[PDB]
Structures are given as structure tokens and as C-alpha cells.
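Quick look at a structure containing Taxol.
Proteins get letters first, then strands, A, B, ... in listed order; numbering begins at 1 in each. No hydrogens, no waters, no symmetry mates; every other heavy atom, side chains included, goes into these values. Whatever order the structure lists ligands and atoms in, that order sets their numbers, starting from 1. Method reported for this entry: electron microscopy, 3.0 Å.
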Amino acid sequence: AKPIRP
Amino acid sequence: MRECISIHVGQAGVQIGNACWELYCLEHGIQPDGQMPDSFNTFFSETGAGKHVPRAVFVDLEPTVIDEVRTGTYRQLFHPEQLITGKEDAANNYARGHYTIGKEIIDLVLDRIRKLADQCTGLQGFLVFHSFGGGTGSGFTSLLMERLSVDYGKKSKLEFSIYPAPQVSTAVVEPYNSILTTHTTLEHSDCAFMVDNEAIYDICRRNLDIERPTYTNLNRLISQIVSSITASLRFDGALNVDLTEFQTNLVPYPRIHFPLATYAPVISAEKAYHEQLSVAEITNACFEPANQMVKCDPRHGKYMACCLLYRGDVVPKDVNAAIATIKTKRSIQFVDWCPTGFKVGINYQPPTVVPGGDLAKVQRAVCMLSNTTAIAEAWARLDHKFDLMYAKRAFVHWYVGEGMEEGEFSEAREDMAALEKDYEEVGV
Amino acid sequence: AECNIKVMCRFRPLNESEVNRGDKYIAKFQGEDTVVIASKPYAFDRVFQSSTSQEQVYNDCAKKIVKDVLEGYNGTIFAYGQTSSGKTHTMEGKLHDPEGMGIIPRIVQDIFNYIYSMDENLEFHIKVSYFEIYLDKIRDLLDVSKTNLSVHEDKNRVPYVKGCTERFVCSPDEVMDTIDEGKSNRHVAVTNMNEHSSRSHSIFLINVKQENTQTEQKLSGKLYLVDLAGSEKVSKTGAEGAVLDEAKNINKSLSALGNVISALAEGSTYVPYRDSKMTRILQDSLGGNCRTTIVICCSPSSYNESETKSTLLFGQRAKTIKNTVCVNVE
Amino acid sequence: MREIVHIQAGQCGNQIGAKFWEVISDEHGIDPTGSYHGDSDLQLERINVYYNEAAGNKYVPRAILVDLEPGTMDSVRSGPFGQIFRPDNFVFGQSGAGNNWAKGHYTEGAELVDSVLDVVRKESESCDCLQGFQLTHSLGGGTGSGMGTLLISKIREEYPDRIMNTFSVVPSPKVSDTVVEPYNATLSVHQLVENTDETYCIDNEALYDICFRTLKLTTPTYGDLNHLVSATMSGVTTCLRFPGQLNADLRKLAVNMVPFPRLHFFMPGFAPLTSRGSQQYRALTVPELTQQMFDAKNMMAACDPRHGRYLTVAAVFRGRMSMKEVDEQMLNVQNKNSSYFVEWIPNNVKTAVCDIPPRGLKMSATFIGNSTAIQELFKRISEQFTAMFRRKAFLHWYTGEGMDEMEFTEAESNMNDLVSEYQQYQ
Ligand SMILES: CC(=O)O[C@H]1C(=O)[C@@]2(C)[C@H]([C@H](OC(=O)c3ccccc3)[C@]3(O)C[C@H](OC(=O)[C@H](O)[C@@H](NC(=O)c4ccccc4)c4ccccc4)C(C)=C1C3(C)C)[C@]1(OC(C)=O)CO[C@@H]1C[C@@H]2O
Ligand SMILES: Nc1nc2c(ncn2[C@@H]2O[C@H](COP(=O)(O)OP(=O)(O)OP(=O)(O)O)[C@@H](O)[C@H]2O)c(=O)[nH]1
Ligand SMILES: Nc1ncnc2c1ncn2[C@@H]1O[C@H](COP(=O)(O)OP(=O)(O)NP(=O)(O)O)[C@@H](O)[C@H]1O
Ligand SMILES: Nc1nc2c(ncn2[C@@H]2O[C@H](COP(=O)(O)OP(=O)(O)O)[C@@H](O)[C@H]2O)c(=O)[nH]1
Ligand SMILES: [Mg+2]
Ligand SMILES: [Mg+2]
């Protein structure tokens, strides 16, 4: 699990 | 000497060839074992003492029927290297015959033909026997014709096909195979004589009074026709005709090389009597639409060129009278641009009757090979069946799954449509 | 709402193998969206001429699909054509060239840029799948152990491949590395028409799952990028042996795809999706919840006129297919 | 050349295969000990198709018999024609499936499928030109449906370019022998559709009807039904063994009779079929054979062909007969029944004639029909499956062995798609 965010 | 190479492909081809070679061996007085107890070099080759090796190449992907030849009465006639068998059949698949399974015995048949060619001095042409619709007789014959065109080319190439009938048919993928093979082999064959089993069935029913015709009788009739076609080379007579003569008299334009044959008199032993069987009568009966060997009425079209090959006791005065009577008739339509569409050939050898055969001993006979525009309607109905099957795209995956593009069907349809339009144009 | 398939046509420059053998440019272009071959109109959304660059085709074809995938819809882009037509060049091309990169690198770079440009309250998970179809077998191009896989169905009856390696990504560098590893395991054979002919139907899958912290709204997105193999003819390809078997399977699968496209175009009932693995995977792409664009690449030489006409007819029939696309709200 | 590997899975498959091998051996003149005492050379000419050789002119059939219980294998061995089989070929476990598809396809069948495949592979390697595989099973059982499906899938993935013709026994409509017939049938069809080239659907109800009406048998037994199935099994592949005027292999029949990949479920038939005391009065000729073949009562599947349209028909004749007679009979049959035949396929019938009749008969034939009426059987199977699946009845036995509900839904969706496809072409 590797989320990305702005 | 003038010699021809005979090639038989597929079950129909090999059955026809067995009948043809029995007829030839009886004609030249050759026992099935190959020992005779000239005029035989055209179809037979001579060994040091006795044995005669026919110039034949029997090829089939099914080993069954070639094995029947190998074990039959004509076991010691052919050189066993000539009879070629594979492992599996073409399964009524043009793709299997041409691309996948055909390209495993094509080298062997090419080598056998080349070896036979090196042993003939005055080669005249090839007599290819095959059947449209079958997997082998539509795929393997196309590959063989392509190879023969590439290799020899200048040599003549004659075909004796079994055209699919209008109504009577056996396979379900027959229109696909027929259109594919007629698209591929239009540019290679020089004169393809077509027959259909339905017409020969009808001829047997009406003439020989046999209500149950089978493949043996049809093959015997085809053998008689081909013997009449090639008898000019073997024996002497007035106005002998060669294969180049056939091609240059029966093919007006390069893309029109699909004549239809007719034979007469086809009578039984009972009707051998009570009939004069005169030359004029035989010619008239040969021009009748019911006696044609393709299911098409010539009255719905115009004759382009017609060559007659008379046999037996025939005098040119009778031939001229018969031709004049035919010309004066109004029902027959000969095209404007062919003022003389008649070629004649007389040979002194009467037709022979195989023992245990339906045909009767007759003094004289003819083989009328005509190029009429009435063959367009057969192409029309074949194209209609193809279009009906291809609109729903039925059975296409079987052909596509063995190396054939979906666009090849459209290309073949376009070529057949072009052939139809060309026939219509030459008609007017 | 209903949206149509956006078929776009691309014509490549003549290659060396055709320019040196008596060939002539048969394609004649008029306007900006029509192509005339042998005096027969063929109207598409946009027809690209010979000199069209990669930036142009990407901006006119795939930029909308990135925003659609991020917003929550589904997308699908696949290339159909003859051997040596431009499918691999259009889709991927040279992987690292700034000017020669195809649809896939531009899509991934723009998807990451739009993610960076979004609002701060959103969170995203991106997963990448990459497989191919070979001899009616689905092989994972990221793990060679998966020799063959199976296409199953979901609860709401949408097909999907089970067991494909789902590698999470964070930056476009990992996506590019995954693409490279998948490409190196793809099957390539040398035919007469093309030196690097692809013998498998590659598929690129990216799921962009979207979650909002404030409003708890969760949106999904499934983007399919497919690079089909071309229709081949034994006369031109000269295949013998394994290459012939590959050609047989490729022709069978492409015929199945043509059958399903014709079925959708004719408004039939059965719409045979189940005749092949490729037709199964792209079922929702063609007749379901996807906005798909077909990029048909066609050879403009006189030596491939029949194949070019077949490809253009396939594209024309595909333009009339209607799709029902709705936002995936979980 | 063109050999056929024969597989018997389950009690039904084994008791049909035993009669099949007795029938074939009688046709080829092979006595039970494996010796030969025939009368014609055409028997030994193609004895390689269904037999191998051994020292001392002993012929061992290439039969591979598999089951999860040894009782039926023991019954086959102790029978009158049981010692002909190779003793190494019998592959059997000891825990039966108990009419559980999951047990026969996931847990118990997996422990035997490896040795089964080893025997199959050895037999195939010993073959010269492998033409195809032959399997007999019953879809409504545990060992049959599951193990046969698993073995079919494995052999298909091992030999992708060879025919796989399976003679399966579909559940009877009116009478259900086992309470788990719908589940097993649907789960077996879900893989038969994808992993077979031509499957022949037989249901015992039609066999009982044929025996009671045509054969006029007071007490039909399983032996008679297996005998009637063995007759059509032999007649399908008669061209592979004997010469004939027109020859058709299994792949030829598949090309002719399978228009689209998923429509390969066929209804078998046979003729002539008369009762003792009636042969002296009948007329043995081609028109009679064609009328009997195309009748609805003679079909060996519980699907009336009148409620549908034929797609493709194969007629594998046998004996001495005129080709023109056969073609005329087929043409007039197509003409008189234009409503029951499809119009976008001209010449729906196929004909093959083999010039060797079965013993004691002057003429014989076999009927293979691809009718859209076969959707009725699948429709009723799907209806029963939905009825038993809405309420989760009899489901824990299958779920306890490792299956999932999603697999059942996938199988139902596949069956419904096949039904829709068949409905479309009507
Ligand atoms: C005096 C005479 O001619 O007797 C016939 C006979 O009367 C009839 C009624 C037979 C007879 O068949 C039956 O009664 C029968 C019983 C159970 C299941 C099916 C049929 C016959 O028993 C069956 C037997 O069949 C054969 O011999 C075939 O080779 C057949 N053999 C077997 O099925 C077989 C039976 C026992 C052991 C080994 C083989 C066969 C058919 C197809 C493929 C291979 C073999 C024949 C002609 C007869 C009898 C003896 C009365 C019929 O059957 C067959 C298969 O030919 C029934 O309708 C036909 C028409 C026959 O004329
Ligand atoms: N005249 C004649 N026609 C035949 C004969 N056998 C088959 N045919 C016709 O040929 C067609 C079937 O093709 P075949 O020649 O048997 O098939 P094949 O060429 O052997 O190809 P495969 O068997 O599929 O490998 C049908 O139209 C038959 O009517 C025959 O002995 N004589
Ligand atoms: N737009 C283009 N401009 C320049 N060269 C191109 C273009 N499109 C294709 N080519 C060249 O054609 C060759 C590639 O064929 P490619 O475009 O890879 O065929 P393909 O569609 O992948 N063939 P196939 O896999 O059999 O369907 C390459 O070496 C490209 O350089
Ligand atoms: N004709 C015939 N049918 C059978 C025989 N044994 C079982 N059946 C049928 O096969 C079905 C049961 O499947 P079965 O093969 O016994 O289960 P399995 O052993 O797990 O494969 C039922 O419809 C039975 O009527 C037999 O010996 N002959
Ligand atoms: Mg054959
Ligand atoms: Mg490629």
C-alpha cells in the first residue's frame, strides 16, 4: 500500500 | 515422342485416375501386372523387359484410397514411389490443403514430377485430376499448380475438376473451398474442364437406364471423356489435335478457360441395337442441353468456341454435313466475333468397353468441348451460396485457424465477381 | 449517458521495404477527418497524415482519457491493423525518447501530473498490470511463472483476469520500469514485412482508485491500453514453423474481435464476447462502461490495398457502436 | 495411423466402454484373449487405430480406465471381455466422489489425475499419428463429471491441436437419478464448452424410449443402452478403420458440423433399429434408413428436433450403396423439411460412405445432428440450477471441498450465454 497525494 | 504427365489429387482424383488407367491399360493391351503379351509411349514408360511404368502421380493426404490402390488388382502397375500418402486428411479445409498440411508432401510430389519430367523427351503438358470443394482437391491442387507454373510455366497444364452441383452436394464448406481454389488457380491453369456429379447422375438415369449410379460409373464416364481428349496423341488419324491446339482454339481470351465437356453416344447394351448412331445423330445428341456434363442450360448463353474429337469410323463429309446442320439451327447461339467456332479431329481407334461396364460397344463417338457463357450461372449460384454463408461468418474460424487471413475471402469474392463481369462483357 | 467509439486513423510514412519496390502512395486526404482510397470516402473522427508526430496523436486521442480515468470513468485504447502498420509505434514507440514516446508514456506522465494538480484532500492508489495473449494463453509479463491464467467474472458480470501481478506505483519512474520489464518478456519474431513483428496481444492495465477524506466519496477507474498484433498472410509473411502457429492464433483472435465488432454494429443480440480471451477481457471496453478509442494504423502502399480497406471498414463499423458509461461510485 | 486414445471415467463411462470394446473387437474379429480369428484382411489393415500389438499376435486396446472406486473396475476385469485391457492401464483410487463434483475435480480427483495423465502420455507417445481422444462419462455423477472435466482440461492444454470427442451422458429431464444432477451438470458443461471439439449428448430417457418403442424390448437393461451407445460410437469413426467411397475423419466432421466454436453439442442417432419378428417384413434400403435417421423418435437425446432448426447434419453411411441414391435421399429430406433447417447454410447435410457393413447387416448408418433444440436441455438444467441455488440447497458439500459461489455463478452465466447463442440462430 503506497498512496499518492497532491 | 509426345508424352503427358497425369496427376491425381484427392479421393475424387484418385478414383477417376484408377478408372482412367484401367481404360488406358485395356486400350493398349497391357495386363495389370505390367507385362504385354507402339502407340503406348504417351502414357506408359518402358523398362528393360516387360514392365510398363505409367506416368502417374497419385497423391492424397488420406492414406486409405492410395492404400486401396496399393493392395488392389493394379498393385504392380505403378512405381511405388509415385503413389504418395501423408498422415492426416485435409478435413475439407482449404487452409490445411494449402498452408499447413499441404506443405509437408509438396516437396515430395514436386520431386517425383521433376524426376518423371526428366525421363520424357517431348513433354506436352500435365493432366491434373482434382475435385473442387474438398480440402485436398482445393488446397493441395492450388499449391501444386502454383509450383508447376513457377517451375515449368511454358508447358501446358490441363485440369479435370469436379465442380460442385447446384443442388446435390456433400460437404457444407464446399462453397468456401470452391471459390478460394477458383480464385487462386484462375491465373495458372490453361484449360479447366469442369463436370459435376449431378449431371452425370442424370445422364446415367436417362441414357444407361441405371437407377442407382455410383462413383464407379461416373469415373468410367470421365475416363472415356479423357481418353477421347488424349487419343489424338496415342493413335493416328485424319486431323490429329494436340494440347496446344486445345488451348489456342478453346480459350478466346486469357481469363476465359473454363469449358464444359459432353460425350456421346452414352447408351446401354440393349439400345446398342435399334439405333444407327450416325455421325449427324451423334453430333446433334451431343449439342442437346440435357446431355451436358455441367448443370447449366447452354440456351441461356452463347457458344464461343467448340472443338469436336471424333473417333472410330468417321468420314469428313459426314462431319461437314453435321456441322452445317448444327450451324443452321437457331436455338444454338454462336457469338458474333467467332464466325468459325468449330475445330474437328478424327481418330481411327473406336472406343473400348471395359468388361463389366455399363457402356456398350459403339462404332463411333465424339467429345464436344465447348466454351459457353452459360457457365456464368453456375458461378452465380456458387457466389450466392458463398455470400449467404459469409454474411453470418459461418465456419470462418476453421479456415482462419490454420493460416488464412479473413481478407482472403473478400479477395476471392472480388476475383470471382470480376470473372463474372468479364464473362458478361465478352457475351455482349 | 451514451457515447460512441472514437475511431481515429493514422497513416505512417512509407517504409524502406516498400519505397524500393515500385510502390505508390494510394491514400488521398481531403478535409481534416476523411480519407479517400480508390475514390471511396471513409469518414472517421480524425485521420492523421504521414508526417503526424506523437504529440499530435496523443493530444488528439488520449489526453481526454486521462482526465476521464481520474474523474471516475473507465477508458480503453487499442490499435488494430495489418502487420507493420504502426500499432507498436503509436502505443509505445521508443520508451525513453522525449519526442518519440507513444501513448503509454504520455498517459502515465499526464496522469501523474494531473494527480499532482488535484485538490489536497484526495488520496489515490495506482496499480499496474501487464500481460499478453500467446497461443490462447494469458501470460504475465512481470512474472514468468504465471504460464497461463483464467478470465473470471465479477459480481456485476464484468470480466477480469485473476492472478495478474498488481504492482503498486508512486512515481512514473516505477511505471516506466514496469513497462520495460513487461516489454522485454513480450514475444517478438522476424517476419518479411516487419523486422520486430509482435506475436502477442499486450494489455496494459492501470487502476486509479480515488478516495476523498472530507466527503468520504470513493471513485474507481480502469484504464486499458492494448497493443494488438496484426493480421498476417502466409504469402507475404513467409512463416514456417513456430511463426506460422503464432500467425494462426493471431488470425483466429483478430477474426473473433472482428466478429464481435460486427455484432455490436449490426445491433444483434448474442454479441459473441466469449469466442476468445481478448474478446472476453475487452467486453466492458466495447459494449459496457467504457469510453474507448480505436487507433487504426494502416499502410498507405499499393501493395496492401486490400488489407488497408479491411482495416478501414473495421474502423468504420466500430464508429457506430454505442456505449453506456456511468461514474463508478463505490 | 490416426489412432484414438480412449478414456473411461466413472461407472457410466466404464460400463459404456466395456460394451464399446466388445463391439469393436467383434467387428475386427478379436477374441477375448487378444488373439485374432477373423475372416477378412480389412480388419487387420487398420487395427492400429483402436489397438496396439504385442508378442505372439496379441492385441491390447489403448484403453485408459479411471475411477475413484475399484468396484466397477473389478466388474470390468472379471467380465467376459475384461482381460483384454492392459492391467497397468487401470488407474483407481479408493475413496469415491460420492456424487460430488468438487470432490472429483479438486480434492480426490487431483490425487489420481497425475497418474492418469502419465498413462495417457505414454499411450500417446506410443502412437504413430495421434488423431484424437475419446472419453465416456456421465455429467450427473461425481467421479465422471469432475474427473473427466479435469482430465479434458489437462489433455487440451497438453495437446492443443488434436480432436477431443467426448460421448457424455446428460441428465434425464423427467427422472433424476441423483439429487445433485443440476450442480454437476452445470459445472461440467462450464468446462466442456471451452475444452472440447465435439461432444455427443445422450440421455437415458431417449434410450429407454428407443428400446420400448422401436426395439420393442420388454425389459431394457443398462447393457442394451450401452450397446446402443457403442453402436454409434463405432459408427462415428468407421471411416478411420475401413475403406470407402467417401471418407470423413473426426476433424472433417468437426469442420462440417461446427459453424461457431461454442456450438459443438450434437444429438447422436443410429439406423436401422428393428425388433426381432419385424426384420423379415421391413425393407432395407437407403430411403428407409434416411427416414429412420431423421425421425424424432430415433434421436438419442431428449430434445425434439421439431422444436428448433438443424444447423448441420452428418450421415456416416456404411455398406454397399449407390452414392446417387444417398444424395437424392438427403436432398429430398432437406426439401421436404425446409422449415426445420437453417437457410443461411445451404446443403446442411454431410455424407460419408464406408464400404464395409457391420456384421450381419447389409446396410447401416449413423446420424449426428447439431440442432438448436439442444437448448431445451440446457434451459431446464439452468432452471433447476437456479431453483437449487437461490436457496443454497445442497451447497455446503461442494463448498466444503474448496469451491466458491462465484464459480457457480460463472457456470450459470456460461450456460445462459450458450443458450442465448443457440436461440440467436433460430
Ligand atoms: C439374424 C440376424 O440378422 O439378426 C440380426 C437382427 O435380427 C437385428 C434385429 C439386430 C439385433 O440387435 C438387437 O436386437 C439389439 C440388442 C441390443 C441393442 C441393440 C440391438 C442382433 O441382436 C444384433 C446383430 O448385430 C450384429 O451382429 C452387428 O455386428 C452389431 N453387433 C453387436 O451389437 C454385438 C452384439 C453382441 C456381441 C457383440 C456385438 C454391431 C453394430 C454396430 C457396430 C458394431 C457391431 C444382428 C445383425 C442381429 C441380432 C443378432 C439378432 C439389430 O441390431 C443390430 C445392432 O444390428 C436390432 O435392429 C438391428 C437389425 C437386425 O436385423
Ligand atoms: N466423380 C467423383 N467425385 C467424387 C468422388 N469422390 C468424391 N467426389 C466429390 O468430391 C467432393 C469431395 O471431395 P474429395 O475429393 O472426396 O475430398 P479430398 O480432395 O480427398 O480432400 P480431403 O478428403 O478432405 O483430404 C464432393 O463434391 C464429392 O461428390 C469420386 O470418386 N468420383
Ligand atoms: N509513424 C511512424 N513514423 C515512422 N516510422 C514508423 C511509424 N510507424 C511505424 N514505423 C516504423 O515501422 C516499424 C514498426 O512497425 P510497428 O509500427 O512496430 O509495427 P507493428 O504495428 O507493431 N507490427 P505488428 O506487431 O505485426 O502488428 C518501426 O521500426 C517503425 O519505425
Ligand atoms: N447407461 C448407463 N448409465 C449409467 C450406468 N451407471 C450409471 N449410469 C448413469 O450415470 C449417472 C450417474 O453418474 P455416475 O457415473 O454413476 O457417477 P460417477 O461414478 O461419480 O461418475 C446416472 O444418470 C445414471 O443413470 C451404466 O452402467 N450404464
Ligand atoms: Mg480425402
Ligand atoms: Mg507490435
So, Taxol - where exactly in the structure, counting duplicates? ligand 1
Could you tell me which macromolecule makes the most contacts with Taxol here? Its name in UniProt would be great. Tubulin beta chain
I'm mapping contacts for Taxol. Which other chains have a heavy atom under 4.0 Å? D
I'd love a list of the residues lining Taxol within 4.0 Å - heavy atoms, by chain and number. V23(D), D26(D), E27(D), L215(D), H227(D), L228(D), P272(D), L273(D), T274(D), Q279(D), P358(D), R359(D), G360(D), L361(D)
